[PDB]
Engineer: 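Pasting a structure below so you can have a look.
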Protein chains: 10
Amino acid sequence: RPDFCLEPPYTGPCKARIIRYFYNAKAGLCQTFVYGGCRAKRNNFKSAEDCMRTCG
Amino acid sequence: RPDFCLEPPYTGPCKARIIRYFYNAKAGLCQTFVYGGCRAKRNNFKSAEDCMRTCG
Amino acid sequence: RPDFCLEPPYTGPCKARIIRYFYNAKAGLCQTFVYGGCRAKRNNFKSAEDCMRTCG
Amino acid sequence: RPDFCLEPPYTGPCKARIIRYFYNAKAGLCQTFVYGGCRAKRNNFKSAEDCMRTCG
Amino acid sequence: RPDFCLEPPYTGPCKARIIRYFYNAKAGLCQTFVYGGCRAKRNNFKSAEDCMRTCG
Amino acid sequence: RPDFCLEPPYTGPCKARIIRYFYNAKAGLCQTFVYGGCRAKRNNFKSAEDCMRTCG
Amino acid sequence: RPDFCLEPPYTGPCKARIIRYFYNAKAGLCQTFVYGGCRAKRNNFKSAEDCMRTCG
Amino acid sequence: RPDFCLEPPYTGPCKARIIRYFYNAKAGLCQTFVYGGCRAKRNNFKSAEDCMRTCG
Amino acid sequence: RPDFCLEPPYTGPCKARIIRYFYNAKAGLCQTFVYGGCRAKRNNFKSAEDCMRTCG
Amino acid sequence: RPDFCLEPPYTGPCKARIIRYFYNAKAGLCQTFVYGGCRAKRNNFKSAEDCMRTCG
């Protein structure tokens, strides 16, 4: 499991309201969060499948 | 049918306005509701098929 | 053709702005309308194909 | 090429912010525009493929 | 690699908040940005795959 | 009183949030609404004085 | 002093961020508040002068 | 009438949401458009009066 | 010179981004700052002239 | 012509999007730029008249 999977979800400065998935280390699974649309961090997945496989 | 299927729909504190499905015990079927984007409860399905199969 | 196909489009009390299709009896075809996200009536289709097959 | 392909893009009175394609006669290709969600004119395509084939 | 891949992302005058991808020459990869919905420039991709293949 | 004074307020496809006035036939006076910045209809006044004199 | 001068400031459902003045009965003077752009109440003044004179 | 009056409106790369006027040759009058705030073309007027006098 | 002229600029909890002037005791003149739109402190002037005359 | 007229436009760290004018030495005239709202440099004019008289 990569170092970035432990980062907290980052929304960013943009005004969009898109659902993205992030790995919640404490909960042990991927959850949803609102992404602003720009300047994303590595713990930001468009696909839930990708999130679990990468940070599983 | 799981206990969580009897829970009322939970929008959450987030700003997004995404359509999700929840099981309406009183009506006997899955209906739509607006999900905020974060902190979802279990009675929250992205797919209607999933909702009717799980709480059917 | 079901009697609900003659009902006018219902947006509902919710804040979302989703495109849904409804059958316009006067025009003879399905058209688009903005669905609020909750408490939908029968003349509300996610798919245009479904709308024109059901109320065709 | 149908004459409606020469119409200017019509957003309509509705509140939604949907991307639709319209044929730009001057530019010679289909471009994007924001559709309101209701009362669409003919030069309004959900699919870019459809737009280019119809007004190509 | 086409010259347009070096252009900065262009949101445009429209109200929509759509996620599109653009090539960030400095970073060496495609990133997300909010597209307004109309009058797009060339460094604007609907698909991330397309962005990377074109400006890779 | 011109026929256009009976039209509903039209925000348009643009991103700006400008206050403009429109004549509300039902209420009998001019009210405010948010204009997007482009492709305005006739029932759109920069000045409240103008609105009331034209559609009074 | 009119009855409406005792109403609390109303922002409304619109997305603009305009400065308007309202009479604060408790403080004894007009103060600023953010008006959304539509569906205003009577305790909403564009001009501070007007606010004090009307509810003074 | 100067030839720049035939140019299409240019918003520019900047983030602001300012209303400016441009001459619409096809319509025969000045209309509004959203200016980004920097790198303005010639067909960009702060004043509507100026626009109609210059490109009238 | 009033005591309040020595206070630091107060943006407040509101969403607007209005330019206001405040007296900078250290610099010896009025400067600009972003006011949120509500709950303003005394070192907040709409007019620069007023700021320099009051705290001059 | 003052030495500050040769400085490049400074937006600053603030979130506002105000149009200000700056002298472009290379172009020989004042142009527009987006000012953030705080910590302005000398080549920043609220009025275009002022800009061209000071750095003319």
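Just so it is clear: chains get the letters A, B, ... in the order the sequence lines come, proteins before strands, and each one is counted from 1.
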Engineer: Hey, which drug is sitting at chain A?
Structural biologist: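 It's recorded as aprotinin.
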Engineer: Going by the PDB entry, what's the name of chain A?
Structural biologist: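 Entry name: protein (pancreatic trypsin inhibitor).
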